[PDB]
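Next structure: contains risedronate.
A, B, C, ... go to the sequence lines in the order they are written. Note that chain A is numbered according to the PDB entry, with residues 27-46, 50-363 shown in order. Chain B uses the PDB entry numbers throughout; the residues present, in order, are 27-46, 50-363. One-based numbering, in listed order, for ligands and for the atoms of each.
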2 protein chains.
Amino acid sequence: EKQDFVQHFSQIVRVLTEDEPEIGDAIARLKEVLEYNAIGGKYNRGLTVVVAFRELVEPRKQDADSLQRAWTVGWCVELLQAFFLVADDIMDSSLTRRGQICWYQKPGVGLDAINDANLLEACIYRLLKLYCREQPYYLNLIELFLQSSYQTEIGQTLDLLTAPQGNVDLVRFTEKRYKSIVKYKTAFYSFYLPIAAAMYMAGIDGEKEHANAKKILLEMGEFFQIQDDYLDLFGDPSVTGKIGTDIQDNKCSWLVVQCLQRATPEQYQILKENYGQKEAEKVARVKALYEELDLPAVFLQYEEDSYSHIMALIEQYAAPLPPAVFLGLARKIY
Amino acid sequence: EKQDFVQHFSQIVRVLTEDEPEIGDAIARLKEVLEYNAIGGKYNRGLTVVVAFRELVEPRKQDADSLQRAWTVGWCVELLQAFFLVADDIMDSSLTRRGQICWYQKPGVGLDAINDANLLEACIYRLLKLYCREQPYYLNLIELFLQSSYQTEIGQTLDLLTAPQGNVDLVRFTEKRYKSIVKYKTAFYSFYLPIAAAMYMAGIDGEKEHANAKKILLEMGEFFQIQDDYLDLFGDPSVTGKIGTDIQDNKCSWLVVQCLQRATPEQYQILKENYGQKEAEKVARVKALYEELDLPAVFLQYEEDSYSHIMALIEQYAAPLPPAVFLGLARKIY
Ligand SMILES: O=P(O)(O)C(O)(Cc1cccnc1)P(=O)(O)O
Ligand SMILES: O=P(O)(O)C(O)(Cc1cccnc1)P(=O)(O)O
Ligand SMILES: [Mg+2]
Ligand SMILES: [Mg+2]
Ligand SMILES: [Mg+2]
Ligand SMILES: [Mg+2]
Ligand SMILES: [Mg+2]
Ligand SMILES: [Mg+2]
């Protein structure tokens, strides 16, 4: 299934590049931005649009063109992600992503990658218009993408407000605060977004149904960012494909929050003295305080308990949607 | 008229900030981003929406609420501009704007201002939904803002492709190329955008009419960027409110294009040896080559000839719109 999704990408780059004449060099650059930046991940968020589309729509309405609209809106979720990651990797001062150097760390790109990210966002709406203009769900999708863009930028704002360069923020790191950040920066666009899109494509616009689906899916995304945080420090970088910067970027990590509520006063000071600084030996002290506190073990328990809780929420809130929508998702993330 | 437009801004910040609870600090930050970044200019682009609204709509349909929608869509054109300038001042490595330091040069903002610009763009569509959701022109406006965002990002792309840091690009500087850049990066969102918005608000959706209005307005914006370029080097910075970076940023300026087509071979080499470098004495040599070539005089003639040409285009293409729409605009820019 991921094979057929990735092959559809060559067509979306054809249509996105078919505007060629005076703007020839800019189209080319956009091509190059698309290939470097949308390709290379797992495609879970975009495939999710398509998988749930097939589960929610009557197979007698799965026209070859309605299927193509589904492939395209899935790619739109991947361009959103790609827009946010490019910018995010500047702001976080990250080195690699998806096994290559962050695009803006490329000789000859640098801060021009701010335009480039902006262009990736613009492509969403060019795609929606080319494919979904005359569909009844056109405006609902535009509005969903825009709203999930806003929520994600609110989350980024808190993410950064909470993590100033060169400033001990330890007291700012609460669970309350952690949950607010990940709710907005991650849960909306990675989980609620692609399910909600498929739903509007299937003519399920009921407000209580999106709410119920959102109840489940926001908690899934909350787990997924907890996982992202854990793996920033403890993930095999030949697997994750990205070098981690949380500690040096002085971030409100699940890890630090959990550390802070188990640390002795002496341990608090090790963190105070060592967190949020670019010196490897400083980063190493924190990682070792985390390992001494048995945080990989705590993560593993939390992963078990969150899973049980998410499945209980599917029991409560999935109907009248097929549970398989939410269960295939949970399979993929846990 | 600019007084009543600027006073409406306090209400748009109220509504934009009325989402307050967990996201309290992010709303606050957004407030601060709005005030620093949307306030402080001349407001010509946003007022234009409102002025043309009053000229295009039947006064018996200028409800107090339809007038409020007009004020709000004008502010939406100013948030677009503000989104683009913030990012632009990073990418151009500018120092000041509107008489204060570029926002991202502010202690404690830096590259976080990438999120901030993104948030400013998102506010357009939050405003359109709060005020224009149930209007017949809702989707036409969303689509116009999005499309003018794309075109502007295509223009930025060429602007930068054409001006690499530390690389003699002289041969790349043509008129053909100059015109393509300013067409996209400036003409669409500063001139066609606000007139077209007012037009859709007045229920003038005719395709040939937008084309005709666009014929006039794209050339006005082409002049306006030529003016912007001239003033980057020759403008009183107590008036312009911004320090110029064109030469050091190795940019395809109207000035350089014009220089390059009048320079002697020896003069070409002065430019080759001196353009696109951060050394003040280097910048000074170029400025003096421009003054020796009598470019302020050439600009002044071009300003006269472009004006005559724009007014001839108004003769041809304004009908059935009131010429006053286009004439008030020309007054403001020349
Ligand atoms: O991929 P990354 O940088 O680990 C991340 O997940 C990317 C990201 C970007 C925007 C919203 N949410 C997550 P972050 O929170 O920055 O750690
Ligand atoms: O205000 P600036 O930087 O003079 C400018 O006009 C700003 C700008 C931003 C985006 C599109 N067009 C103009 P630029 O072309 O960068 O010189
Ligand atoms: Mg990041
Ligand atoms: Mg981040
Ligand atoms: Mg991370
Ligand atoms: Mg600039
Ligand atoms: Mg610029
Ligand atoms: Mg300029």
Hmm, which bits of this model belong to risedronate?
ligands 1 and 2
Which molecule here shares more close contacts with risedronate (ligand 1) than any other chain, as the PDB entry names it?
Farnesyl pyrophosphate synthetase
I'd like to know the other chains touching risedronate (ligand 1) at heavy-atom distances under 4.0 Å, if you can.
A
Under 4.0 Å, heavy atom to atom, what does risedronate (ligand 1) touch in the other chains?
A:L114, A:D117, A:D121, A:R126, A:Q185, A:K214, A:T215, A:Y218, A:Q254, A:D257, A:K271
UniProt-listed dimethylallyl diphosphate-binding residues in chain A closer than 4.0 Å to risedronate (ligand 1) (heavy atoms)
A:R126, A:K214, A:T215, A:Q254, A:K271
Starting from atom 10 (C) of risedronate (ligand 1), which protein heavy atom do you reach first, and at what distance in Å?
A:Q185 NE2, 3.5 Å
Would you mind checking which non-hydrogen protein atom is closest to atom 13 (C) of risedronate (ligand 1), with the distance to 0.1 Å?
A:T215 OG1, 3.3 Å
Relative to the heavy atoms of A:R126, which atoms of risedronate (ligand 1) are at a distance of less than 4.0 Å?
1 (O), 2 (P), 3 (O)
Which atoms of risedronate (ligand 1) are found less than 4.0 Å from any heavy atom of A:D121?
16 (O)
Can you tell me which residue and heavy atom of the protein come closest to atom 3 (O) of risedronate (ligand 1), and the distance to 0.1 Å?
A:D117 OD2, 3.0 Å
Using a heavy-atom cut-off of 4.0 Å, which residues UniProt lists as binding Mg(2+) in chain A are that close to risedronate (ligand 1)?
A:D117, A:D121
Considering heavy atoms of the protein only, find what lies nearest to atom 5 (C) of risedronate (ligand 1) and give residue, atom and distance to 0.1 Å.
A:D257 OD2, 3.6 Å
Closest non-hydrogen protein atom to atom 4 (O) of risedronate (ligand 1), residue and atom name please, with distance?
A:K271 NZ, 2.6 Å
May I ask you to check if risedronate (ligand 1) and A:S123 share an N or O to N or O distance below 3.5 Å?
no
Specify the protein heavy atom at minimum distance from atom 11 (C) of risedronate (ligand 1): its residue, its atom name, and the distance to 0.1 Å.
A:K214 O, 2.7 Å
